[PDB]
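Entry with samuraciclib: notes follow.
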Amino acid sequence: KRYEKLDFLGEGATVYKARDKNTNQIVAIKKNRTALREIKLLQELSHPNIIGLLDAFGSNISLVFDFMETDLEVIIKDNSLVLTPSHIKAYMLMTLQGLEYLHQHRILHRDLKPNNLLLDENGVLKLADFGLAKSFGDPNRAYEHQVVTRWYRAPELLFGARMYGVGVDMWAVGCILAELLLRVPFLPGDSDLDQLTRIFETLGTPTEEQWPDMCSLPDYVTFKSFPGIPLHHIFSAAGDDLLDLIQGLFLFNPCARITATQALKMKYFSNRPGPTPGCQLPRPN
Ligand SMILES: CC(C)c1cnn2c(NCc3ccccc3)cc(NC[C@H]3CCNC[C@@H]3O)nc12
């Protein structure tokens, strides 16, 4: 009644474009117990790189956010675009500044993947779809457990961990970074077992030194030994500063794995070339 419905945008939920009658501004309208958890976590937060919940109303519920023009998946899949090292540095910087904020507020995203990083027409990247986000402390049930799509999913979750932390988001950011570099999914498992296969044959089956607790995980099972592939072989364009960020994000021990803040202090972010101005980031038609 306050927002002029315009164009359909998705079905998961159900999203629509709309024009607010008061300000005339363009927004996106998204239309349960976790529905309130979502509004709870979001009405709180304010960060340029986190989508901004502008309004809500009941009677299925309707979340009003700012319109976004595109997302990393679209960009990644757009052959017309060539991503430069500066482009990639920019996307990551914004992604990690948003994730550092979330984590400082003891929140896990738990569903980080390229289509959940949205971009506005000024090249501001924003984390979105907090339908799985939870406060760090909240417990994980066995049969209600919500887990990212398997290609971005961290090894501890594939081994059925119920106690976990930021490393689950940091792994997903590693898989996103790899996808920006290769322009295809990094680790495209065709099953949860095959997702681990792929992880180990790419990165090496973990030693006990690399991952002390691994064997005590609930769904731990014995895979063959794979040596893995050197990252400079996988990512042949990447400088040494980037290689070290990647390696940091893909450490098997979830407690050794690099945090958003540790990532952000990495030489990579202070080295030339600098991150593209948002207004210069590549745009699809
Ligand atoms: C609900 C809010 C976060 C939002 C703002 N703009 N916008 C657009 N904009 C158009 C668009 C087209 C292509 C790629 C991305 C966005 C599409 C869209 N689609 C719904 C889901 C789809 C899966 N990824 C998260 C999206 O919010 N949701 C939204």
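The chain is numbered in sequence order, starting from 1. Note that these values count all heavy atoms, side chains included, but never hydrogens, waters or copies made by symmetry. Whatever order the structure lists ligands and atoms in, that order sets their numbers, starting from 1.
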What macromolecule, as named in UniProt, provides the greatest number of contacts to samuraciclib (ligand 1) in this entry?
Cyclin-dependent kinase 7
So, 4.0 Å and heavy atoms of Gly10: is samuraciclib (ligand 1) close enough to count as a contact?
no
Relative to the heavy atoms of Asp66, which atoms of samuraciclib (ligand 1) are at a distance of less than 4.0 Å?
5 (C)
How far is atom 1 (C) of samuraciclib (ligand 1) from its nearest protein heavy atom, and which residue and atom name does that atom have?
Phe65 CD1, 3.7 Å
Report the nearest UniProt active-site residue of chain A to samuraciclib (ligand 1), with heavy-atom distance to 1 Å.
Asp111, 8 Å
Is atom 21 (C) of samuraciclib (ligand 1) in close reach of the protein, with a heavy atom under 4.0 Å away?
no
Per-atom contact, atom 11 (C) of samuraciclib (ligand 1), protein heavy atoms, under 4.0 angstrom:
yes
Give the residue, atom name and distance (to 0.1 Å) of the protein heavy atom nearest atom 9 (N) of samuraciclib (ligand 1).
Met68 O, 2.6 Å
Enumerate the atoms of samuraciclib (ligand 1) whose separation from the nearest heavy atom of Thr70 is less than 4.0 angstrom.
14 (C), 15 (C), 16 (C)
For atom 23 (C) of samuraciclib (ligand 1), which of the options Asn115, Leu72, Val74, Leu127 provides the nearest non-hydrogen atom?
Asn115
Going by the PDB entry, what is the biological origin of chain A?
Homo sapiens
Residue, atom name and distance, where the atom is the protein heavy atom closest to atom 27 (O) of samuraciclib (ligand 1):
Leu118 CD1, 4.1 Å
Within less than 4.0 angstrom of samuraciclib (ligand 1), does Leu119 place any heavy atom?
no
Close approach of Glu69 to samuraciclib (ligand 1), heavy atoms, under 4.0 angstrom:
yes
In chain A, which UniProt domain contributes the largest share of residues contacting samuraciclib (ligand 1)?
Protein kinase
Show which residues surround samuraciclib (ligand 1) within 4.0 Å on heavy-atom distance.
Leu9, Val15, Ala28, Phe65, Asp66, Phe67, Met68, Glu69, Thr70, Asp71, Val74, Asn115, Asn116, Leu118
Filter the samuraciclib (ligand 1)-protein atom pairs down to N or O on both sides and distance under 3.5 Å, then list them.
residue                 : atom   : partner : partner atom : Å
samuraciclib (ligand 1) : 6 (N)  : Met68   : N            : 3.0
samuraciclib (ligand 1) : 9 (N)  : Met68   : O            : 2.6
samuraciclib (ligand 1) : 24 (N) : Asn115  : O            : 3.0
samuraciclib (ligand 1) : 24 (N) : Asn116  : OD1          : 3.3

